[PDB]
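Report on the following structure.
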Amino acid sequence: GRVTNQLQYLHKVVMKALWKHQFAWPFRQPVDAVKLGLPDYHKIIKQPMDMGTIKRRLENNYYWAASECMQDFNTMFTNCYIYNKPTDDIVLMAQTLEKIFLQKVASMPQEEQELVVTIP
Ligand SMILES: CC[C@@H]1C(=O)N(C)c2cnc(Nc3ccc(C(=O)N[C@H]4CC[C@@H](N5CCN(CC6CC6)CC5)CC4)cc3OC)nc2N1C(C)C
């Protein structure tokens, strides 16, 4: 991947705010459906995603475009809404975190530019 202004913003602003939030703990690591006794989790959820995985990807310059990282955040929230019951508190926690995600994304740099200054 590469380092861009937008991906650096996603790492140092958006992820920093979401990771520390009081509602982040269910999303800081992949769902362990074996330990949770949930044999249907991976039958229903085709693309598991979590903030621990996203954070490691950002640390390792896995992404090529901010939009890919935004899709990973979105998949994580969508998985929660699809799998759980509409009245479960975790749905409310995801809605709270996703609202912060969108609020912070609103102030991301407009044009994606690689943060490299190279010598030919
Ligand atoms: C999946 C459906 C839905 C959903 O959509 N998502 C995203 C979701 C995600 N996560 C959870 N639960 C947990 C999440 C995280 C933890 C944790 O801190 N786990 C660590 C704590 C102990 C650690 N151990 C390991 C070895 N230990 C050494 C030996 C002495 C013990 C020392 C400590 C290992 C794991 C616990 C959870 O269970 C309480 N539920 C979810 N739901 C619920 C509605 C079921």
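Using the numbering of the PDB entry, the residues shown for chain A are 73-192, in order. Ligands are counted one by one from 1 in listed order, and the atoms in each one are counted from 1 as well. In what follows, every heavy atom counts, from backbone to side chain, and hydrogens, waters and symmetry copies are set aside.
What binds ligand 1 most in this entry is, by the naming of the PDB entry, Bromodomain-containing protein 2. Considering glecaprevir, rifamycin SV, volasertib, vincristine, the drug or drug candidate at ligand 1 is volasertib. By chain and number, the binding site of volasertib (heavy atoms under 4.0 Å) reads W97, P98, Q101, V103, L108, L110, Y113, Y155, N156, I162.
Which parts of volasertib touch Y155 is read off a 4.0 Å heavy-atom cut-off, strictly below it: atoms 2 (C). Protein heavy atom closest to atom 10 (N) of volasertib, with residue, atom name and distance, is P98 O, 3.5 Å. At a distance under 4.0 Å, no protein heavy atom can be found next to atom 28 (C) of volasertib.
Of the protein's non-hydrogen atoms, the one nearest atom 38 (O) of volasertib is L108 CD2, 3.9 Å. The nearest heavy-atom contact from the protein to atom 5 (O) of volasertib is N156 ND2, 2.8 Å. From the protein, the heavy atom lying nearest to atom 36 (C) of volasertib is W97 CZ3, 4.5 Å. The entry gives the source of chain A as Homo sapiens. Listed by number with element, the atoms of volasertib under 4.0 Å from a non-hydrogen atom of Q101 are 14 (C), 15 (C). Protein heavy atoms come within 4.0 Å of atom 3 (C) of volasertib. Shortest contact from atom 42 (N) of volasertib to any protein heavy atom: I162 CD1, 3.7 Å. Heavy-atom contacts of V103 reach the following atoms of volasertib: 1 (C), 6 (N), 7 (C), 9 (C) (cutoff under 4.0 Å).
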